[PDB]
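For the single chain, residues carry numbers from 1 onward in sequence order. We count ligands from 1, going down the list as the structure has it; atoms in each ligand are counted the same way. Scope of the values below: all heavy atoms of this structure, side chains included, with no hydrogens, waters or symmetry mates.
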Amino acid sequence: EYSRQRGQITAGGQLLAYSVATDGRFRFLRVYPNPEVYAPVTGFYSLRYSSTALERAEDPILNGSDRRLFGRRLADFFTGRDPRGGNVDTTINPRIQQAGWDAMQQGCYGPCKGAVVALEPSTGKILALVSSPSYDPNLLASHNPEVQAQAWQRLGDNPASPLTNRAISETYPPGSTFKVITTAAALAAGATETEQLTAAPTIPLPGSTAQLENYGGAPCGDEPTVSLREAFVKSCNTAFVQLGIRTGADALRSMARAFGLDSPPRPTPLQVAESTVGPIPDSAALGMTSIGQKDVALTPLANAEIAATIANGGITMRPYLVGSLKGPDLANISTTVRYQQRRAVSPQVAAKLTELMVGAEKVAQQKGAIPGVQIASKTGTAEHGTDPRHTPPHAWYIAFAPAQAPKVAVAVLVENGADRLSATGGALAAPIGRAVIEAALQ
Ligand SMILES: *C(=O)[C@@H](NC(=O)Cc1ccccc1)[C@@H]1N[C@@H](C(=O)O)C(C)(C)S1
């Protein structure tokens, strides 16, 4: 294996993983020049612990044993020249990836836990895939057995779990980002932006003693009722609870399926955890589901796709991480074909969601806003866990830009909201999302 030069993983004409000839018993050492930043993409290639992410998924291409490559390897052996693996050109934009990483390291009064996903809505290209904290795959590329095992042990016991790709492997309550799905369900059912909903600071749940309140216990406005548009841009809870229950369990399940939930995701070639709306066993649950709580659980990737789908006029592009596979001579072996996965909503519903989202962006805290770029977004702050009231919530932000003709869609998850009980998506996640947007549009 190691007597032969393994091929490269690339992004934007830059190397993410390469192999270097050494005096080692195993000649070739695998090197990762920007290790923690790209670990979610590259994975690691280890003597002791095998391969992960694209090292693994694209292993036959990279080691030159792929059937489409094997002729070249045979000509190399016969001819006498040194064998070389093939190349994997990813869809990652290094400027967008770096910006997502940097902003997550800086944006929680110190480093954030969580993920950043950037997508090109019209193609499905995964432009960034950041998880935090990360780890150094060079540690596991070491040819020393004790260096690998010590690093493995350390990473394994680290309760922050830096090995986890939080972008695609983990699911979290979306909280109020899911108001996008509730609203879409409502609109498809014939509800309008002018629909009058409760402004009440609190709402009881049917068939339970529990109550759901607005953030800070404040009424949505000073009038008895507000328009759906106004409830959405202010992100008032009781209105969406009322709306969700009005719209009903079947329509919401249905709309969630339409946006890719409760369907097994296609590999990118990396496997993506399945997102869900939950069973919604009763109307108490429906009310909670409506604001992205109860059993709703999404990957940051799925939440970025929701944004991307709206950005694409209601058509979900199949998301993918590999743009092309190449020979060691860089002859084309495989170019990825972009694919329309399904239509989630009519262009008209997508246009109305875009309108609502632009409004919710103007309302949200304004840190990191880019002069002359119109952003559509939805913030969220999701309670979680066995002691949710005493546990810091996740700060979420999904968005796309420019709102009129989108070039990028993002999701930002700040898991546990910088260890603050008063964490919000607008305060933590939104400026991270905006910096990624700015990097993508530069
Ligand atoms: C959606 O995320 C809502 N979040 C809060 O209600 C947190 C919460 C508290 C108790 C139970 C369940 C959830 C609203 N949306 C966010 C947001 O837009 O970021 C607000 C903080 C504005 S409240």
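The drug or drug candidate found at ligand 1 is benzylpenicillin (bound form).
In this complex, the main macromolecule engaging benzylpenicillin (bound form, ligand 1), as named in UniProt, is Peptidoglycan D,D-transpeptidase PbpA.
The nearest protein atom to atom 13 (C) of benzylpenicillin (bound form, ligand 1), hydrogens excluded, is given as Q293 OE1, 3.3 Å; this is a heavy-atom distance. The proximity of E213 to benzylpenicillin (bound form, ligand 1), defined as any non-hydrogen pair under 4.0 Å, does not occur for either the backbone or the side chain. Remark: benzylpenicillin (bound form, ligand 1) and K179 share no N or O pair separated by less than 3.5 Å (distance only, no angle test). For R389, the heavy-atom gap to benzylpenicillin (bound form, ligand 1) stays at 4.0 angstrom or more. According to the entry, the source organism of chain A is Mycobacterium tuberculosis. Heavy atoms only, to 1 Å: the UniProt active-site residue in chain A nearest to benzylpenicillin (bound form, ligand 1) comes out as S176, 1 Å. Taking atom 3 (C) of benzylpenicillin (bound form, ligand 1) as the reference point, the nearest protein heavy-atom neighbour is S176 OG, 2.5 Å. With a heavy-atom cut-off of 4.0 Å, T177 does not touch benzylpenicillin (bound form, ligand 1) at all.
At least one heavy atom of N237 sits under 4.0 Å from some atom of benzylpenicillin (bound form, ligand 1). In this PDB entry, a covalent bond connects benzylpenicillin (bound form, ligand 1) with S176 OG. The binding site of benzylpenicillin (bound form, ligand 1), defined by non-hydrogen atoms within 4.0 Å, is formed by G175, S176, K179, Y215, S235, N237, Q293, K378, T379, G380, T381, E383, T424.
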